[PDB]
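Snapshot of secukinumab at Interleukin-17A.
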Amino acid sequence: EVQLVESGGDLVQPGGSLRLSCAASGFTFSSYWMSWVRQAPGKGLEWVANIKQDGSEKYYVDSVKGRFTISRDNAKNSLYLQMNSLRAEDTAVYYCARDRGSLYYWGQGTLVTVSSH
Amino acid sequence: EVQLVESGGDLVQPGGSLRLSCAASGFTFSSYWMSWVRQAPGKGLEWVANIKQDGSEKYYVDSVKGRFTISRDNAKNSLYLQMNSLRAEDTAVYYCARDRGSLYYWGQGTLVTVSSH
Amino acid sequence: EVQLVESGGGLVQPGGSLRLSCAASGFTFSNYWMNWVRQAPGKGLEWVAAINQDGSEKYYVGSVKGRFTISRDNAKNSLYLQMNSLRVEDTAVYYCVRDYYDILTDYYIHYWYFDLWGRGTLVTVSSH
Amino acid sequence: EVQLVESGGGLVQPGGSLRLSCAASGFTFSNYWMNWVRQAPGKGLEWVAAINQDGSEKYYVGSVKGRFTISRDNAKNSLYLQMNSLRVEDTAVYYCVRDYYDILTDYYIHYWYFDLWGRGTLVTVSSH
Amino acid sequence: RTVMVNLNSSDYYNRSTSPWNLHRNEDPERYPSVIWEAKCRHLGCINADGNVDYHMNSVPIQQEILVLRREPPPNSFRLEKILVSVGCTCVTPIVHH
Amino acid sequence: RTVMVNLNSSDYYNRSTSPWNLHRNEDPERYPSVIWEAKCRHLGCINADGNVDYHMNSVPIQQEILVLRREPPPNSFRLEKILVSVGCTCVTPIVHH
Amino acid sequence: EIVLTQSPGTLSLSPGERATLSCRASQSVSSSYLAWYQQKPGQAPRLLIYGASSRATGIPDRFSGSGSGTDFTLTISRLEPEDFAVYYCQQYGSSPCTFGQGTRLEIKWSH
Amino acid sequence: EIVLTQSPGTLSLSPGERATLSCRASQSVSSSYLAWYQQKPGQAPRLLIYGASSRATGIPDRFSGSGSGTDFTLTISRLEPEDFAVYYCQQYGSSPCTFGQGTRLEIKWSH
Amino acid sequence: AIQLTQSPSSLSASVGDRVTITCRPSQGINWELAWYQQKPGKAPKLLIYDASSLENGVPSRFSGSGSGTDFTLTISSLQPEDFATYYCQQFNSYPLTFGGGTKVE
Amino acid sequence: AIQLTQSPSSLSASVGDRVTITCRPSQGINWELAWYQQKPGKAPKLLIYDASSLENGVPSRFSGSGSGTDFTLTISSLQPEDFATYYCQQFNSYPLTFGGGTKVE
């Protein structure tokens, strides 16, 4: 079956970086677009980015441009999200989902907490 | 298989009447529209009339209005063409075909000769 | 209370015809696949025919091909068995049975086993 | 002139692997279904495997399930037989054959009989 | 809402164990105007020996398709969706997960 | 040419001797944007006993369908036609007329 | 067709004892799709067990099943005279569904 | 599977005589879908007949076939020594295609 | 009444030739054009519907193109059996009409 | 960026109730709207695509309607398992956006 497993979520200070992974199985990873959707604690869903099969096209939500970079390694059946200059507003559970428009297959999510202590 | 057998063709004088029959088999006659297409000796094809499954709609080529009457008897799996006030121009092989727009199933035709001697 | 009530059984000569009916009550009949199972006097149980919820699918044991016909009238809550060209070997107690089903992942899963049986109706095919 | 030329045969130990090739010439290979038929020494002819024009359909005798694989390379005009987990009973002369076909009403009618045979290639499975 | 639109076998029907025939369906007001629809040849399935078997059944594979349709009427069109019989499969009463 | 357009199981996949799975196919620029496509579960067919049989094969039933497609792009559309796998049937190498 | 053979043909035991009934198949039965029925004299059969081991509704826990492939058993504990009946096994994993010929269970007095 | 049984096992006749070979089937063969092959010693088989009675290309008219259902014959007239070969029948009306075990034909001198 | 004009009226070709017939309606239709093949003494046979779709059982050597007022029928590699008369017909509006025909010799 | 407005923000109902959620985009889309159901702590599940089409495995009690700037999600007979948060999402243009959500209690 289609499985999507996110990892990489950690507690990071504002201005820090974090790279999330999403490991896919049960389908030909290289044949599909992949997406990142996030959800801030107690808040709604927010689409972040997507990436073409060959990685030749990437699309971003305005608030993440410059900072975040979507990438994929079809050999390793993995989707990536490099998150630089992390702001407090970036605190969310990040989900990877397959395809573009309507998202049927989702992972269980990975938590990213941006807080200074 | 779908079979359409025309009969009724005869040698008739101008001003006379003739009723053509078309006996169908191999399909649920009552589910389909039926048509009459004619062809004058050595000339091209000319669409004459068609009739709805329940006979509630009939359509005619201008040159046959008033004179010709398309009818069907679904019980007897038969299509009819009552041809009154026959003109010389009505000389043709008359074919019955199933459906309206594009005609796939045709009969072998019945010859109608309108001549005075 | 759920019940299946067969009727139509009797004594026929070989070559004869017979029609069995079975009336269902206490459940939604149109939700079930139904079968006819027979039991020759003093012998075992043998499957005869199966029919799906709307009768778009009819299944038969080889010994009854061209002779028996399973049917249903979902409005009359009834199952039927038209038995033509009856033979001495068709002598049995005929039971109508309803098939168990589950709804899993919101898909209808039919199971070819019988969670409800009628009382049965005797069919005797004999010339003397 | 039409010809089928097999190669790949030999002496293997039980459990061994072997690959037979068969090269076609003189006809349009991609128009034909092809089969492998075998003949155990001094014994009869037995069907092994069938493959359609583009290899979208592969058929097998039960005795070779999970062991043999029929394949084709329409550009190389070749038919293949990957034989794994070979047994003493697989000892035979392996023939590649082309299936007859007709074009009637402009439909391709395949017929499961063989209008052309290769010379054959011997496969001996023996430990001593 | 209204949208502007521009415009553009291996003979399984005979080799299948649940064989089928095609029946023509014509509407001069529909696009496609002709649709050939499958009808199963038998109630049961053909076994490996070529005989009809009533331990299984031929059932048609239906599909929901888009068609254009003249409204009411040849200039304006309506996008409609219809059920179409594409071929037949062989089933038994048993569910094999 | 351009035409204006207005806008509008018995689980055989498991009970079939040539069973199948559905694979999702999404395009946010196509109408329908989602099409579930059949893929045969086996090379052979399931016999009456539930075992895989290589005297027969599962083959998919393909169908040509109409789809709308954004050009190039969400206001103007193009009518296109694509090949879609609807289900599977069980065939043998034999033609039974 | 899957041919189901039951054993013993007739079984005679005393009240309180445990009855073991066998159902053997000519080929492996798919997914443990094996049912048991009880048919008391003059009555229609009643489903006892489904899926080799699951009890049908209203069936007491002294009736139990186990098995897979080609061999299945039905156990009836604390035998009571009312248990006098023919017990049939039936598979529903291969088409057509088939039944065993039955085991005749009878209750006797112990010497 | 359709099992094809050939007769006689070995047939010995003189030049000029007529050989009759039988192919019998365990179940009726569909649409007369029965072929015959000739396999001379040290050679691959050659198709002789298809559809029970039609001759394959290059096959002389002294080779003829007939039959339907469960019984088929191959006739070889004006027997020549070159006819020494094993003759196989093969059906292609039921899956899988099957072959008879063959008839060994041999030519002898007449006393 | 939509008048359908065919061109050429007649033509001569050999086996293997690429033949092209042209139908031109009086007023622009959409795709509502059918093509027929008539052998002498026989009823017509439908080749194409919807201006470009091949009918059930028609060889792939037959192809159709066109839109509005220009429509064509093509026979890629003319066969000995293709020597007949070809007619176009419109199903846009009543009365349905046919072109005068094209003889292939 | 197309903003999607949901109404009501939250709601209370019992088993068997006919519930209706409304999505309203800032600018008229065609059919490019999807609907999701999110149980707390779990990833969303797709219910509807193309504004009105049910996804594979979704119960028939869920239905969707709408065009342009007005879209609705309906649950004919609310079930004990339907108590979740529902989100609409548009796939008309980048960036893809979701509505604020609707809690069902």
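All chains are named by letter (A, B, ...) in the order of the sequence lines, taking the proteins before the strands, and each is independently numbered beginning at 1. Just the heavy atoms: all of them, side chains too, but no hydrogens, waters or symmetry mates, feed the values below.
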What ligand or chain labels cover secukinumab here?
chains C, D, G and H
Return the chain letters whose heavy atoms come under 4.5 Å from secukinumab (chains C and G), other chains only.
E, F, J
Give the name the PDB entry uses for chain J.
Light-chain of anti-IL-17A antibody XAB5 (crystallization aid)
Would you mind checking which chain of secukinumab (chains C and G) has the most heavy-atom pairs under 4.5 Å with chain E?
chain C
In this structure, which residues of chain E are contacted by secukinumab (chains C and G) below 4.5 Å, heavy atoms only?
E:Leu43, E:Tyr54, E:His55, E:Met56, E:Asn57, E:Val59, E:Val91, E:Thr92, E:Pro93, E:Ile94, E:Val95, E:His96, E:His97
What residues of antibody secukinumab (chains C and G) touch chain E if a contact means heavy atoms under 4.5 Å apart?
C:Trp33, C:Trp47, C:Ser56, C:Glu57, C:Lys58, C:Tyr59, C:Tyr60, C:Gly62, C:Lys65, C:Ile109, C:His110, C:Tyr111, C:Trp112, G:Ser30, G:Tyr33, G:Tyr92, G:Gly93, G:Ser94, G:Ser95, G:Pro96
The PDB entry names chain C how?
Secukinumab Fv heavy-chain
I keep forgetting - what does the PDB call chain G?
Secukinumab Fv light-chain
